[PDB]
Amino acid sequence: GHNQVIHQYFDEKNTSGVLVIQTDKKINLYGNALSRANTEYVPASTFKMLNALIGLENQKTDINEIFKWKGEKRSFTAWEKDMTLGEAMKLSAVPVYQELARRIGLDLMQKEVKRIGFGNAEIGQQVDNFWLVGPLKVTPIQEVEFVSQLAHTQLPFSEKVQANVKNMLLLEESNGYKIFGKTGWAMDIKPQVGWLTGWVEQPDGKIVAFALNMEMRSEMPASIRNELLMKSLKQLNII
Ligand SMILES: *C(=O)[C@H]([C@@H](C)O)[C@H]1CC(SCCNC=N)=C(C(=O)O)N1
C-alpha cells in the first residue's frame, strides 16, 4: 500500500517510470516518475492487443490461421517459424502483425483506432509501423483503461473477439491467481520506453488492471519489466 517503498524498487533499478493500477475505475500511481503517467509514448508491441482485435473482428484472420515464415531473416530466431496470431502474440512477433496490419489496411486501421479512441488515435501513412516509431502515442493511464475494458469485455468489439484475444495474453497462473498482460519495448527511439500492460484476475473473480511504463536502455534484461511489476503487486498485496 506504499507508494514510498515502490519508489525504492524503481529507485534501485536505475530506471524512470510509473505503475498505474486501476481497481474498478479508480486509478492509482506508483513509481519514481509519476508524471510519466500522463505523457504520450509509442505503444510498441502493446498495440498487438488492439491489432488482433481489429483483425479478428473484421475477418482478416482467425485464431487458427498459420502464418507461414517465408525464409527471410528476422530479429530473433524464435520468430523464424510458422505460427498463429496467438503464438505471435506471446513472442511479440512483429512480422506476423505487420502482415495482419497490411490486410486491415490504412482506412480500416485509422477508422477503428479513432473509433476505439486509442491514445492520440493517429497512425499517419505507413499502416505497418505506426505503433513502433509514431505517430501513434498513448499515455500509461490510457493503457490501463484500454486493457481494463478488455479485461471486462467492455471494448467496442464483440465479446467473442475480446475473449479470443484475452486467451492470447495469459502470463502466469499461481495460487488461484491469473496474470494477463502484454510487454512492449520500443528500442528504436531515444530514450527507450518499455511497457507491461495487463490485469490480475484474483481467485474471487476480481480484476485489477496495471500499466507499467518505464524508460529503457539496451543492457537491461527483458525480465526487468516483470521483476518490477511482480514485486509491486506483492507489495500492494494484489497477489
Ligand atoms: C515490441 O514491443 C517489440 C518491438 C519493438 O519489436 C518486441 C521486441 C522485444 S523482445 C522480443 C521477445 N521475443 C521473444 N520471445 C519485445 C518484447 O517481448 O517486449 N517486443
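Following the PDB entry, chain A residues are numbered 35-273, in order. Just so you know, ligand 1 is whichever comes first in the structure, and atom 1 is the first atom listed for that ligand.
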Say which drug appears at ligand 1.
imipenem (open form)
Which chain is the chief contact partner of imipenem (open form) here, given by its name in the PDB entry?
Beta-lactamase OXA-23
Please indicate whether any nitrogen or oxygen in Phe110 is less than 3.5 Å from any nitrogen or oxygen in imipenem (open form).
no
Covalent bond from imipenem (open form) to chain:
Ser79 OG
Are any of the N/O atoms in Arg259 less than 3.5 Å from those in imipenem (open form)?
yes
Would you mind checking which non-hydrogen protein atom is closest to atom 3 (C) of imipenem (open form), with the distance to 0.1 Å?
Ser79 OG, 2.7 Å
Using distance alone, decide if imipenem (open form) has a nitrogen or oxygen within less than 3.5 Å of any nitrogen or oxygen in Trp219.
yes
Identify the closest protein heavy atom to atom 6 (O) of imipenem (open form): which residue and atom is it, and at what distance?
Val128 CG2, 3.3 Å
PDB source organism - chain A
Acinetobacter baumannii
Residues lining imipenem (open form), heavy atoms within 4.0 Å:
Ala78, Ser79, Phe110, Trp113, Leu125, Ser126, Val128, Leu166, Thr217, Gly218, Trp219, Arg259
